[PDB]
Q: 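Here you go, one structure.
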Protein chains: 2
Amino acid sequence: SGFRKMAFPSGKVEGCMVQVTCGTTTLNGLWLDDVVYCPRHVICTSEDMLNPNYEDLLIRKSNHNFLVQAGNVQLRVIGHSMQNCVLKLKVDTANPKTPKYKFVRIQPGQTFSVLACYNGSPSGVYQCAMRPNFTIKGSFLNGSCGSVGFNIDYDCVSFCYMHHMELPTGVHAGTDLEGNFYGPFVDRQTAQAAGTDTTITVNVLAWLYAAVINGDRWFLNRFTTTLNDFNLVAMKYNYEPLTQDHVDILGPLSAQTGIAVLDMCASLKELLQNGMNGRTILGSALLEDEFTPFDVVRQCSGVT
Amino acid sequence: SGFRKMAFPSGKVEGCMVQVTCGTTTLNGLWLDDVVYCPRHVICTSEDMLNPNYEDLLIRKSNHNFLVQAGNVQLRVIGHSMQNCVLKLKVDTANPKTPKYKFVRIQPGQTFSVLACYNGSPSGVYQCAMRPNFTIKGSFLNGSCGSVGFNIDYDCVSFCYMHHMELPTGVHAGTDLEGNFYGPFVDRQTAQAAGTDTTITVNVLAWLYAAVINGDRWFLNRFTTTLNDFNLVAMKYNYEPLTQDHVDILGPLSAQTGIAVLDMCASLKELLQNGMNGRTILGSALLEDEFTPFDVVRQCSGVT
Ligand SMILES: *[C@H](O)[C@H](C[C@@H]1CCNC1=O)NC(=O)[C@H](CC(C)C)NC(=O)OCc1ccccc1
Ligand SMILES: *[C@H](O)[C@H](C[C@@H]1CCNC1=O)NC(=O)[C@H](CC(C)C)NC(=O)OCc1ccccc1
Ligand SMILES: [Cl-]
Ligand SMILES: [Cl-]
Ligand SMILES: [Cl-]
Ligand SMILES: [K+]
Ligand SMILES: [K+]
Ligand code: NA
Ligand code: NA
């Protein structure tokens, strides 16, 4: 038993990280088959980043202006093109460690593992949720751009995120692997708002079920509620509305615990109104919303 | 910026996990050079585990009674021996993916990454601290034994933990890679006490410095204190005593922030006495003690 925020094993993705340098700017690239993917602001100087015209900047760059380094070795860049906010560098060598992979655009509320890298080398791995406002709460320093987010299913890596920038609130923003930002953001160093960050209600309920599965049961109260009545509570607290789709997704955890989803909703309502009175749930004094129902099921069933 | 619990990249350790089966019992083994390391209770039936005589049980086992599987392939077991609570199986093939490695016995308060595995296959990675009472708060199900804890320095994996059991409190216990338990525990399915779990004071202070580095400063008060006066506070709350060795270890974070260590101690004292009044520090409503000063420095400096 026990319940922990846990990332996927990172080995398949470590084999795909390279270093990309253009002029003075160095960042990380993702090397799959004979293409290296990286954020297009690798072509910017510090001044450019304030207000970049990426088309005009890129037109001054040739293949040989991109230095791509895999460990000790230089890759030869044989072509380049910009797709939305990502740059694709064609190289003369297919990555021999390319795993089976696909590119996915993930939904708000879903989670993924970040392999944080600097200079093409992995530094650590942690789990993030795509928030409903399309930001993530990561840990990123200068040089971390091009670090990627991913999920594993069996032996297929599903890449879903590439890191580009930090917002004034300290949260993080990036694109899918087609270079399209999650959220309303642009890759320019100007102040940008993500708007109200709402709580992923279905995830909090999955985490409460995780707490019950692991013996934490003090917060279970004697009430039930309805969906419409709960959502009137939910929206007062900037929680996302709960739907029958969410109820069904929670079905298996509801069955494991014998706790109806609407019974758990009433338990959540009283936590929202009364707080936790200094108690803890799974070692936290906040309600946690970055575990999906699948995250709870896979952790509590030993999926490999 | 941002601060997250993050594990080391797991790729070097994934290449060392195998499956070990003896009779009906299956668990994980660590394959380095021509030796596989695993918990000795792989030789027990369910009944044996209640009160095992490991010497007598092992004497009924021959090399061919240990099935060791690396992916699809069987390894041939050419010898075996018990070292404390671990079994060493000599195999006829050196692991071609053996990384540079060593075995270390870690100190209470230090952290490490767990690569949780089932059936020889990695399932996820998370960070743990060796608590002062020599338990860890992990996430482990049946079949997870032989999962290992490790740290990376450059390209050397330092293995420090192998998983063996769960205590009645839900915390976890295991050995170093020489098979010696951390703590007073024995590998028998009988109720065992770990005793009072005290808080890793130097780690809480490192985490408060991490909070300041990342812009969280509301808890800084106008007081200072002394070591002896703080430790009178510390011991009332089951915190570990703070020493000049800890002060010096915190030196670099103290310098980064301009906050004297004893000033931060006085800030901690008021948090201990008054609580957090519903505020949060680095997104937590508890004081976090599973980040070492080195963990904070390495995260806040981009070490790879
Ligand atoms: C890519 O490595 C970088 C990641 C920033 C590093 C600071 N924390 C991060 O997540 N991205 C940028 O520097 C980005 C470049 C623009 C052309 C989009 N600019 C940026 O994020 O400005 C915010 C910022 C905050 C704190 C320090 C530096 C920049
Ligand atoms: C090795 O896979 C296993 C790990 C236990 C799995 C339950 N959670 C764990 O961490 N170890 C044992 O089953 C251990 C074997 C003895 C010979 C030491 N026994 C054990 O941990 O008993 C506690 C327990 C708690 C909950 C379920 C099963 C066992
Ligand atoms: Cl665009
Ligand atoms: Cl965490
Ligand atoms: Cl022993
Ligand atoms: K209820
Ligand atoms: K102070
Ligand atoms: Na897209
Ligand atoms: Na030892």
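By convention here, the chains are lettered A, B, ... following the listed order of sequence lines. We number chain A the way the PDB entry does; in order, the residues shown are 1-304. All residue numbers given for chain B refer to the PDB entry; the residues shown span 1-304 in order. What's counted below: heavy atoms across the whole structure, side chains too, no hydrogens, waters or symmetry copies. Remember, it's 1-based here, ligands and their atoms both numbered in the order they're listed.
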Q: Hey, which drug is sitting at ligand 1?
A: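 PDB records name it GC376 (bound form).
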Q: I'd love to know the main binding partner of GC376 (bound form, ligand 1) in this entry - how is it named in UniProt?
A: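 The main partner is 3C-like proteinase nsp5.
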Q: Using a non-hydrogen cut-off of 4.0 Å, what is the binding site of GC376 (bound form, ligand 1)?
A: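 With non-hydrogen atoms counted, the site is A/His41, A/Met49, A/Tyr54, A/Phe140, A/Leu141, A/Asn142, A/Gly143, A/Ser144, A/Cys145, A/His163, A/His164, A/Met165, A/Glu166, A/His172, A/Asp187, A/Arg188, A/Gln189, B/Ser1.
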Q: Heavy-atom contacts with A/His164 under 4.0 Å: which atoms of GC376 (bound form, ligand 1) show up? List them by number with element.
A: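 Contacts of GC376 (bound form, ligand 1) toward A/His164, numbered from 1: 1 (C), 3 (C), 11 (N), 12 (C), 14 (C).
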Q: Any protein heavy atom at under 4.0 Å, with atom 28 (C) of GC376 (bound form, ligand 1) as the reference point?
A: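 Not a single protein heavy atom is under 4.0 Å away.
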Q: Below 3.5 angstrom, do we get any N/O pair linking A/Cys145 and GC376 (bound form, ligand 1)?
A: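 Yes: some nitrogen or oxygen of A/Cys145 is under 3.5 Å from one in GC376 (bound form, ligand 1).
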Q: Which one of the active-site residues that UniProt assigns to chain A is nearest GC376 (bound form, ligand 1), with the shortest heavy-atom distance given to 1 Å?
A: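 Among UniProt active-site residues, the nearest by heavy atoms is A/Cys145, 2 Å.
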Q: Looking at atom 4 (C) of GC376 (bound form, ligand 1), would you say a protein heavy atom lies below 4.0 Å from it?
A: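 It does; a protein heavy atom is within 4.0 Å.
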Q: Just wondering where the covalent bond from GC376 (bound form, ligand 1) goes, residue and atom, if there is one.
A: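 Covalent partner: A/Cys145 SG.
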Q: Within the structure, does A/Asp187 bring an N/O atom to less than 3.5 angstrom of an N/O atom in GC376 (bound form, ligand 1)?
A: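 Among all N and O atoms of A/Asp187, none is under 3.5 Å from an N or O of GC376 (bound form, ligand 1).
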Q: Using a 3.5 Å cut-off on N or O atoms only, is A/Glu166 in polar contact with GC376 (bound form, ligand 1)?
A: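 Yes; the residue has a nitrogen or oxygen that sits under 3.5 Å from a nitrogen or oxygen of the ligand.
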Q: Just wondering: what's the UniProt domain of chain A where most contacts with GC376 (bound form, ligand 1) are?
A: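 UniProt domain: Peptidase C30.
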